[PDB]
Visitor: 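A structure from the PDB, with vorinostat included.
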Amino acid sequence: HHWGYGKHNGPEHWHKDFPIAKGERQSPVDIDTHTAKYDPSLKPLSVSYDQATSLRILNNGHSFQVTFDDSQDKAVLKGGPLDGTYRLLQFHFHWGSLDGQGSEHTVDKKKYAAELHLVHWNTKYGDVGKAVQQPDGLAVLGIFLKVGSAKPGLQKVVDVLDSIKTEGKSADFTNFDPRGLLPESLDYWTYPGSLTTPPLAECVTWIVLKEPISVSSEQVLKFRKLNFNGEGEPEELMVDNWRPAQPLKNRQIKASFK
Ligand SMILES: O=C(CCCCCCC(=O)Nc1ccccc1)NO
Ligand SMILES: [Zn+2]
């Protein structure tokens, strides 16, 4: 039926409704650190998040997401491999049922406990619906989470998850500063790819940060208490909402660092 992450509707089934699932620039991929090419032409990333305005947090039945006001150039991503200004729209996570799985991208086959996606769209296309139809429409910053010490900047998110336990629930979520989610270093890998959920459009410049952030076991445990189901339905824990690595095909992964 409708897509999801289960045995009968999971990633291996998506191609029947979304044939681009077997396309030429699908995501995620395994990053082979010894075959990635250092590209000295790549610029440092410019992340300008000081004026970000968060609006709401919502359980969309596949993940939870925090949405931002993107009606002006308030929180923007520029530089790196990008040409032009990309506005922050939302962030969300992918995570596992166990600490040794949950990320979408992998690094030399290593899986992390979760992966944070900060989604931005290219302002030259005017709105995000137009941007997803363009090969350079979106830029997604991917950040790995490892289990270790707690991340204090994540705690405001963890503490509101009880309010959005089931599909379709939303809550006001103002004055959240996404700078608290970034690692110290902005070194990155980049490659052209796709959304990792339907409709799997091939519109994404991926920027995957090398340095993971550390979150505590108690913080990630709280993600695993969310539900895929809506209020009143059989309880199905929201875990393992990650797509497996896809073939690299004719693409090169570039590194900003040696
Ligand atoms: O695929 C990803 C990362 C990119 C997610 C892109 C979602 C875009 C969004 O929130 N709004 C939108 C979706 C479809 C069409 C237009 C806007 N993770 O699974
Ligand atoms: Zn994602």
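In chain A, numbers come from the PDB entry; the residues present are 3-125, 127-261, in order. Each ligand, and each atom within it, is numbered from 1 in the order the structure gives. Any value given below was found using the heavy atoms of this structure, including those in side chains, with hydrogens, waters and symmetry copies removed.
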Visitor: What are the identifiers of all copies of vorinostat in this structure?
Guide: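 Every copy is at ligand 1.
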Visitor: Just wondering - which macromolecule does vorinostat hug the most here, in the naming of the PDB entry?
Guide: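 The chain with more contacts than any other is Carbonic anhydrase 2.
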Visitor: Define the binding site of vorinostat at 4.0 Å using heavy atoms, by chain and number.
Guide: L91, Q92, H94, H96, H119, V121, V131, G132, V135, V143, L198, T199, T200
Visitor: Any N or O of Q67 that comes nearer than 3.5 Å to an N or O of vorinostat?
Guide: no
Visitor: Could you tell me the residue and atom name of the protein heavy atom closest to atom 5 (C) of vorinostat, and the distance to it rounded to 0.1 Å?
Guide: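 Atom 5 (C) of vorinostat sits closest to the protein heavy atom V121 CG2, 3.9 Å.
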Visitor: Answer yes or no: does an N/O atom from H96 fall short of 3.5 Å to an N/O atom of vorinostat?
Guide: yes
Visitor: Which UniProt-listed Zn(2+)-binding residues of chain A does vorinostat come within less than 4.0 Å of, going by heavy atoms?
Guide: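 The UniProt-listed residues with a non-hydrogen atom that close: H94, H96, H119.
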Visitor: Which atoms of vorinostat are found less than 4.0 Å from any heavy atom of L91?
Guide: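 The atoms of vorinostat under 4.0 Å from a heavy atom of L91 are 9 (C), 10 (O), 11 (N).
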Visitor: Which UniProt domain dominates the contacts that chain A makes with vorinostat?
Guide: Alpha-carbonic anhydrase
Visitor: I'm curious, what organism does the PDB give for chain A?
Guide: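 The organism in the entry is Homo sapiens.
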Visitor: To which residue and atom, if any, is there a covalent bond from vorinostat?
Guide: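 Covalent bond: none.
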Visitor: Considering non-hydrogen atoms of the protein only, which is the closest contact for atom 13 (C) of vorinostat, and what is the distance?
Guide: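 Scanning the protein heavy atoms, the shortest distance from atom 13 (C) of vorinostat goes to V135 CG1, 4.9 Å.
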Visitor: In chain A, which residues that UniProt lists for substrate binding have any heavy atom less than 4.0 Å from vorinostat?
Guide: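 I count these UniProt residues with a non-hydrogen atom in range: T199, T200.
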Visitor: Nearest protein heavy-atom contact for atom 6 (C) of vorinostat: which residue, which atom, what distance?
Guide: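 Atom 6 (C) of vorinostat sits closest to the protein heavy atom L198 CD2, 3.6 Å.
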Visitor: Measuring heavy atom to heavy atom, which UniProt active-site residue of chain A lies nearest vorinostat, and how far away, to 1 Å?
Guide: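 The closest UniProt active-site residue of chain A, by heavy-atom distance, is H64, 6 Å.
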Visitor: Check whether any N or O atom of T199, backbone or side chain, sits under 3.5 Å from an N or O atom of vorinostat, and answer yes or no.
Guide: yes
Visitor: What's sitting near vorinostat? I mean other ligands or ions under 4.0 Å from that drug.
Guide: ligand 2 (zinc ion)
Visitor: What residue and atom, counting heavy atoms only, is the protein's closest point to atom 7 (C) of vorinostat, and at what distance?
Guide: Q92 NE2, 3.6 Å
Visitor: Report the nearest protein non-hydrogen atom to atom 12 (C) of vorinostat: residue, atom name, distance rounded to 0.1 Å.
Guide: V131 CG2, 4.2 Å
